[PDB]
Trainee: 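One structure is given below, represented as structure tokens, and several questions about it will come after.
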Amino acid sequence: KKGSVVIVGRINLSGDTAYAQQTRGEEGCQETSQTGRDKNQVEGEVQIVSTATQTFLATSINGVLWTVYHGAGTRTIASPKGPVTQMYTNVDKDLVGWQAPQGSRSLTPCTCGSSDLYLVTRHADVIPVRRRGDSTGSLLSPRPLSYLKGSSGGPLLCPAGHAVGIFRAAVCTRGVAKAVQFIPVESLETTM
Ligand SMILES: C=C[C@@H]1C[C@]1(NC(=O)[C@@H]1C[C@@H](Oc2ncc(OC)c3ccc(Cl)cc23)CN1C(=O)[C@@H](NC(=O)OC(C)(C)C)C(C)(C)C)C(=O)NS(=O)(=O)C1CC1
Ligand SMILES: [Zn+2]
């Protein structure tokens with residue numbers, strides 16, 4: 001079969017400093033994927049998650065751990081209670097959700113209306129994005145695709161640290177992203 005998505009690290013957004021911590025290497029992974037059973041307690045708002053050869057991110061908002069379909073597929077996620085089946089799946093939005101793991105802290109949907117956003121990458125870089133549309137934002141500095149690869153599923157935050165959306169796709173030209181496309185938190189709330 002397909003295995004379970006496996007948490008292999010996490011990104012802290014609490015406090016004053018965003019940072020990444022690796023929690024599981026490629027070795028432990030295989031067995032966790034197969035069983036869906038992961039002894040590890042979940043911490044933090046953003047998980048670094050993995051399938052057999054690829055990693056991406058998952059963000060807890062409103063008690064649901066959200067990520068992208070093009071990463072998770074229809075997969076279950078490994079947890080200390082065994083494989084957790086997806087709570088939400090929407091292929092057209094590229095969205096999947098699981099009940100937020102114990103004991104993740106969950107982000108609050110933003111109702112600020114700020115146009116100044118921040119995208120959190122898999123390395124825990126926090127990069128400024130200017131909101132442009134409902135689901136797009138411009139990068140202040142263009143980035144090569146390689147830099148944003150594996151950060152899908154991560155959060156776009158407002159200045160106060162609320163979730164504005166989930167990074168879905170890079171708006172790019174000839175391998176350079178000038179903007180990011182995301183699932184707005186309102187679309188998530190609608191899916192709920
Ligand atoms: C390099 C950074 C990007 C952020 C990143 N996401 C991507 O690569 C995404 C994947 C794909 O989009 C979509 N797939 C499936 C869908 O449904 C199942 C979609 C439903 C709706 C929409 Cl919107 C898009 C969808 C193409 N794409 C692009 O970003 C593409 N961009 C793009 O399509 O841009 C527009 C949407 C503006 C056209 C392109 C490949 C050209 C960069 C990533 O890191 N992925 S990853 O490495 O973590 C991997 C999960 C393991
Ligand atoms: Zn806000």
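We number each residue from 1, following the sequence as shown. All ligand and atom numbering here is 1-based and tracks the order in the structure.
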Trainee: Which chain is the chief contact partner of ligand 1 here, under the naming of the PDB entry?
Mentor: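 By most contacts, it's NS3 protease.
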Trainee: Which compound, picking from spiramycin, nystatin, elacridar, asunaprevir, sits at ligand 1?
Mentor: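 The right pick is asunaprevir.
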Trainee: Polar-atom distance check: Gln181 versus asunaprevir (ligand 1), any N or O pair below 3.5 Å?
Mentor: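 Between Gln181 and asunaprevir (ligand 1) (N or O atoms, distance only) the closest approach is not under 3.5 Å.
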Trainee: Taking N or O atoms only and a 3.5 Å limit, does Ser152 qualify as a polar contact for asunaprevir (ligand 1)?
Mentor: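 Yes; at least one N/O pair falls below 3.5 Å.
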Trainee: Measure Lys149 to asunaprevir (ligand 1) on non-hydrogen atoms and call it side chain, backbone, both or neither using the 4.0 Å cut-off.
Mentor: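 Answer for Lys149: both.
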Trainee: What part of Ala177, side chain from CB on, backbone N/CA/C/O, both or neither, has a heavy atom under 4.0 Å from asunaprevir (ligand 1)?
Mentor: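 Contact part for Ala177 vs asunaprevir (ligand 1): neither.
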Trainee: Find all atoms of asunaprevir (ligand 1) within a distance of less than 4.0 Å from any non-hydrogen atom belonging to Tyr69, and give their numbers and elements.
Mentor: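 Reading through asunaprevir (ligand 1) atom by atom, the close ones are 18 (C).
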Trainee: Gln54 to asunaprevir (ligand 1): N or O pair under 3.5 Å?
Mentor: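 There is no such contact.
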Trainee: With atoms numbered from 1 as shown, which atoms in asunaprevir (ligand 1) lie under 4.0 angstrom from a non-hydrogen atom of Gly71?
Mentor: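 Every atom of asunaprevir (ligand 1) under 4.0 Å from some heavy atom of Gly71: 50 (C).
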Trainee: Should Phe56 be counted as touching asunaprevir (ligand 1), given the test is an N or O pair under 3.5 Å?
Mentor: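 No; the residue has no nitrogen or oxygen that sits under 3.5 Å from a nitrogen or oxygen of the ligand.
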Trainee: As an exercise, identify every atom of asunaprevir (ligand 1) less than 4.0 angstrom from a heavy atom of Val91.
Mentor: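 Counting atoms of asunaprevir (ligand 1) from 1, those under 4.0 Å from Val91 are 17 (O), 18 (C).
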Trainee: As a check for students: among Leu148, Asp94, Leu119, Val68, identify the option with a heavy atom nearest to atom 25 (C) of asunaprevir (ligand 1).
Mentor: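 Checking each option, the heavy atom nearest atom 25 (C) of asunaprevir (ligand 1) is found in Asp94.
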Trainee: If we only count N/O pairs under 3.5 Å, is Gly150 in contact with asunaprevir (ligand 1)?
Mentor: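 Indeed, backbone or side chain, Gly150 has an N or O that close.
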Trainee: N/O to N/O below 3.5 Å, does that happen between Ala170 and asunaprevir (ligand 1)?
Mentor: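 The answer is yes, given that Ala170 and asunaprevir (ligand 1) share an N or O pair closer than 3.5 Å.
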